[PDB]
Student: 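Have a look at this one before I ask anything.
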Amino acid sequence: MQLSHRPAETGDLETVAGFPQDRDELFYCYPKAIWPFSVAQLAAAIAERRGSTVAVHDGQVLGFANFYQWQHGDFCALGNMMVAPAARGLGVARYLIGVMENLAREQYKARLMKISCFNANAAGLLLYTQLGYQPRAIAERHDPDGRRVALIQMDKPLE
Ligand SMILES: CO/N=C(\C(=O)N[C@@H]1C(=O)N2C(C(=O)O)=C(COC(C)=O)CS[C@H]12)c1csc(N)n1
């Protein structure tokens with residue numbers, strides 16, 4: 001995979017908004033959103049966050065991520081981690097997570113990256129573990145049907 005990255009642009013919105021394939025996927029990556037996802041919801045997120053970044057391979061936008069919390073000299077918290085359905089398991093998330101770790105270190109002088117992953121997302125839990133994130137706490141949250149879910153709060157020192 002010959003991946004590159006750059007800040008997200010207006011022209012990328014419609015592509016990225018296409019990535020979540022069902023309510024579960026949308027909830028795992030953006031729990032405040034409402035299905036169906038839309039460019040307007042994505043742009044709202046981008047406006048209130050920092051670091052929105054796309055990953056590109058062979059002229060295609062295949063991944064997106066940003067920070068929903070950032071604290072200079074401290075930590076950032078990774079959000080909106082989305083991958084195109086034709087590129088799942090090919091290393092795009094792993095790549096973009098590395099890019100975002102660098103951006104957190106270099107631009108925000110972060111010592112830590114935080115990632116919160118919902119219990120049902122096994123693939124995410126195992127990816128973040130492979131990348132060196134450790135579980136720190138479990139929080140009770142609710143899904144769109146009002147059912148209780150467990151949010152696993154993980155972190156990793158940067159360097
Ligand atoms: C105010 O806090 N309430 C939360 C909560 O922790 N939201 C946070 C947020 O924004 N996150 C994103 C996010 O929107 O980016 C992701 C997605 O993480 C990745 C790695 O894609 C995982 S949950 C976290 C919450 C969650 S469910 C619920 N009923 N409340």
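Residue numbers count from 1 along this sequence. All ligand and atom numbering here is 1-based and tracks the order in the structure. Just so it is clear, the values below take in all heavy atoms, side chains as well, and ignore hydrogens, waters and symmetry mates.
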Student: pamapimod, cefotaxime, trandolaprilat: which of these is at ligand 1?
Tutor: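 The answer is cefotaxime.
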Student: Help me out: which chain holds the greatest share of contacts with cefotaxime, per the PDB entry?
Tutor: Uncharacterized protein
Student: Quick check on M82 - does any of its heavy atoms sit under 4.0 Å from an atom of cefotaxime?
Tutor: no
Student: May I ask you to identify, for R49, whether its side chain, its backbone, both or neither come under 4.0 Å of cefotaxime on a heavy-atom basis?
Tutor: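 It is the side chain that touches cefotaxime; the backbone stays farther off.
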Student: I want to confirm something. Looking only at heavy atoms, which of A139, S116, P144, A77 is nearest to atom 18 (O) of cefotaxime?
Tutor: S116
Student: Relative to atom 24 (C) of cefotaxime, which among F64, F27, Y68 owns the nearest non-hydrogen atom?
Tutor: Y68
Student: Would you say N80 has any N or O atom under 3.5 Å from an N or O of cefotaxime, going by distance alone?
Tutor: yes
Student: May I ask you to check whether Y128 has an N/O atom sitting below 3.5 Å from an N/O atom of cefotaxime?
Tutor: no
Student: With nothing but distance in play, are any N or O atoms of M81 less than 3.5 Å from an N or O of cefotaxime?
Tutor: yes
Student: Side chain, backbone, both or neither: which applies to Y28 and cefotaxime if a contact is any heavy-atom pair less than 4.0 Å apart?
Tutor: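 Within the 4.0 Å criterion, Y28 contacts cefotaxime through backbone atoms alone.
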Student: Could you see which bit of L151 sits under 4.0 Å from cefotaxime, with heavy atoms only: side chain, backbone, both or neither?
Tutor: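 For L151, the contact with cefotaxime is made by the side chain alone.
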Student: Which residues in other chains are near cefotaxime, meaning a non-hydrogen atom under 4.0 Å away?
Tutor: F27, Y28, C29, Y30, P31, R49, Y68, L78, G79, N80, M81, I115, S116, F118, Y128, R141, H142, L151
